[PDB]
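Section: structure with cephalothin (bound form).
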Amino acid sequence: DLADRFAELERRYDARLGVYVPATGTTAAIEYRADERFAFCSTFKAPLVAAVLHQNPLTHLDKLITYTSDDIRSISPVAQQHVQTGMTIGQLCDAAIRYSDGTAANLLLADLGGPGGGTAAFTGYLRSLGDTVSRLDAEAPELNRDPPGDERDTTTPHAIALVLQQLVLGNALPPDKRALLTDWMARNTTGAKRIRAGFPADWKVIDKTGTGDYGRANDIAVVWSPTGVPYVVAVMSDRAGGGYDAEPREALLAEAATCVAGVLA
Ligand SMILES: *C(=O)[C@@H](NC(=O)Cc1cccs1)[C@@H]1NC(C(=O)O)=C(COC(C)=O)CS1
């Protein structure tokens with residue numbers, strides 16, 4: 001029984017686990033704690049890039065953005081290396097998705113603009129996709145740090161799955177922008193030990209991870225069966241019982257995804 005298996009994983013990892021897979025053709029929705037709030041962590045970067053793409057002509061990707069020492073405030077694998085030269089919006093989108101680059105995400109929030117350094121416009125973009133649940137209140141690093149239970153900077157597995165479904169599978173974006181987002185997620189470098197680890201090699205996986213304090217580890221993905229049937233998979237987790245410095249545990253997400261893949265095969 002799937003709920004029993006997820007509960008077992010919670011005990012194993014001293015964790016809270018949330019899972020959502022939207023209903024399809026012939027599969028019922030898979031849901032476990034799916035309407036409970038979990039921190040976005042870096043998973044917000046996927047709809048953030050969608051927001052920036054949606055808001056601008058495609059060639060806005062070629063605009064150079066400059067930034068300085070005091071902008072580097074978080075893990076930023078790419079932005080730290082290009083600080084002397086600047087990065088185009090396209091490079092920033094690439095880095096935010098594929099390297100979960102915090103500086104890139106903050107610069108993209110600022111590009112979107114408006115109150116809260118772009119966080120209000122980001123939330124407004126989610127509202128436009130019918131998500132009345134999620135909220136972004138802070139940028140990097142702060143957004144990963146809210147105490148367990150705090151609603152700031154949270155989504156739910158259910159809400160983020162429906163958002164990702166519209167972005168990648170639905171018509172939230174025009175085909176050209178949809179393809180840019182899909183390809184960046186397809187080329188993600190940070191997700192090998194999460195949802196990807198739970199699906200057989202002949203299934204395509206594209207994803208965006210998130211990791212935070214209190215043992216937070218998330219992954220949102222679109223997967224395609226060997227025959228081209230797509231599913232959206234959102235797995236979120238925290239280990240609040242270990243306090244702020246609790247280790248995130250990717251293996252929890254890999255096991256949860258393995259359980260999901262078993263049902264979807
Ligand atoms: C987004 O989740 C962001 N997280 C943080 O900046 C907070 C943390 C820093 C170290 C551990 S949590 C970036 N994204 C990811 C990710 O998986 O998407 C990170 C993953 O790190 C580990 C550990 O697996 C950290 S940086």
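Along the sequence shown, the residues carry numbers beginning at 1. Read the numbers this way: they start at 1 and go in the same order the structure lists the ligands and their atoms. The analysis underlying the following values was restricted to heavy atoms, covering all of them including side chains, and did not include hydrogens, waters or symmetry mates.
The chain sharing the greatest contact count with cephalothin (bound form) is, according to the PDB entry, Beta-lactamase. In this structure, residues within 4.0 Å of cephalothin (bound form) (heavy atoms) are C41, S42, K45, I75, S100, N144, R194, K208, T209, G210, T211, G212.
When only non-hydrogen protein atoms are considered, atom 25 (C) of cephalothin (bound form) lies nearest to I75 CD1, 3.8 Å. Of the residues that UniProt lists as binding substrate in chain A, those with a heavy atom under 4.0 Å from cephalothin (bound form) are the following: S100, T209, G210, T211. For cephalothin (bound form), the atoms closer than 4.0 angstrom to any heavy atom of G210 are 2 (O), 18 (O). Cephalothin (bound form) has no nitrogen or oxygen under 3.5 angstrom from a nitrogen or oxygen of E250. The shortest N or O to N or O distance between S74 and cephalothin (bound form) is not below 3.5 Å.
In this structure the covalent anchor for cephalothin (bound form) is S42 OG.
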